[PDB]
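Drug on board: efalizumab.
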Amino acid sequence: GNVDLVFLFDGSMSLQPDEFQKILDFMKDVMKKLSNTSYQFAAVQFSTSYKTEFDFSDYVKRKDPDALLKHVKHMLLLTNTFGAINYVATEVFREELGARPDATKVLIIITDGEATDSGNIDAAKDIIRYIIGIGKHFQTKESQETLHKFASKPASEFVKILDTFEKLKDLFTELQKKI
Amino acid sequence: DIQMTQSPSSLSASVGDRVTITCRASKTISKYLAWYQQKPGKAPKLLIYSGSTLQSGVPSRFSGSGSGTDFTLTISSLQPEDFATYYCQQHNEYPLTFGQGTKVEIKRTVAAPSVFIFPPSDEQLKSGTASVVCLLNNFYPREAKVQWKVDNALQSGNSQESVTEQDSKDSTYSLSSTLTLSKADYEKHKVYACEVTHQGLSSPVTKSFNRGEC
Amino acid sequence: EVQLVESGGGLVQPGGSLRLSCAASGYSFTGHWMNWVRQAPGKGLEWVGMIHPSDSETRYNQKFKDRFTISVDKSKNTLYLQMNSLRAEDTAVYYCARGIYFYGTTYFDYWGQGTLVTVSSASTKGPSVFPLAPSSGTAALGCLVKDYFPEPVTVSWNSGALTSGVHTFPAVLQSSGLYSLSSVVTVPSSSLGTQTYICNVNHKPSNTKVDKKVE
Ligand SMILES: [Zn+2]
């Protein structure tokens, strides 16, 4: 029935203030389309550190995509993707923050470059992960394949690399044509 | 609280020269300082944010740098279009505070003003006020004297001048001086001469007309 | 195309009020912070405050929190600024500018053209346009926009089809208390008599649209 969804977006330095913006708007179009439903989101920004931009109970309470992501600030740092996925799995999906135990845990990752650290995401084994590689650093194949590890198998379904950030509007419209 | 001081409060530089404006802050503000370019009559245009980063669209010739308390806008290879007042503002704490700016003017070669003289329109005569308007077009520097003479009389206290901002392309100024009288004191005299003394002008140039002929 | 158009300014009596407007076009209004920045004739810039379309969270400069109130209309994508008990110093141009809240605090990247607010107990007055006819190989002819308050006056020639050699001088304050300025243009000495030259004198405050054909 209900699914708890988390937005783990990249706020690295290779993001331009305009590219970052498209990432916040994509998450805003995702919540508008999926509001008026069982779904209930949270958002966490990662680079060197890990900050939860708004948790599950904040959503249920506010509900307006826009008003929730207003005090968001670009970190301009590294892209410690592993530490992010773990932070989300043991610090964000919690019932003190307002996660529903009966919901199926989903995570959408949005990065524009290869991870900056090491380790493993075995803690988020039971968290369906969708990773999305954006552009210009995910061009060769050696890089695109590095995102396979963060996502769920088959990676064929869970990993999505885009040519440009302007292609995020496109991915939106591909989820408006799905089941 | 946060006082931003800019230096200098104005300057002139030849096209191509490397300009540098400094904006010092009250208390450190990390690398957060932005720079704006206000063309006369238009709205400030962002240039540089977070100390040194260029906004997308700003020509490379604009450069920022500095941290803590002393920052500097560096226009390398000034242009004729780069004429405006350059503002600086910090974005590290509220309230947001700005600088006082620095008018950056384009120094060029001397320029001779073209004098012209306009006889009050009769439509204004049927009002009861006559205003003779003298024009000086496309000249430089900006300093230039204008002397009103009604039949060899130096008209003091009853004149006003309007100097235009520099041209965005050509770099020269223009001025407009007017003389306000009574349709009584106007039609009381015939000779109306406008005297213009400019650096560019080898010798004081006068233009004038006769009342009732123009 | 991000566009920030402004309106609502003019002449207001001291101890009076006035509500400015900022109609934005070209981006998702509820996704960015919006600010109000004013500018005293020939002086520095001053920050008034910011509001967020999505829910109206507001943050003011304290100097303006007592009289200035900011609000919005998500429906029309219009930003407003409520000003009360205005005084002589509050005369300035008020711009509204979109802003980036990502780094540090806020820096503005898209400004509006500006709106001139004049606070005085004088009365609005319509300007009068007197032709500055051409000489009796380059000649010039102008339009003199006399006595009008408050400011400003916009002037273009031949519907804006003639821009080269056009100089519209700054408004000069005369002892009467009204403003006056001229607007001249330099044309070939040959086109005269055959080419028609008309300026367009628009005084917004006193809603006076005068078209004046020279000669
Ligand atoms: Zn990156």
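As listed: the chains are lettered in turn, A, B, ..., one for each sequence line. The residues of chain A that appear here are 128-306 by the PDB entry count, in order. Note that chain B carries the PDB entry numbering, so the residues on display, from first to last, are 1-214. Residues 1-136, 142-220, in that order, are what chain C shows, numbered as in the PDB entry.
All instances of efalizumab are found at chains B and C.
Lab note: most contacts to efalizumab come from the chain UniProt lists as Integrin alpha-L. UniProt assigns most of the residues of chain A contacting efalizumab to the domain vwfa.
At cut-off 4.5 Å, the chain of efalizumab with the highest number of heavy atom pairs with chain A is chain C. For chain C, the entry uses the name Efalizumab Fab fragment, heavy chain.
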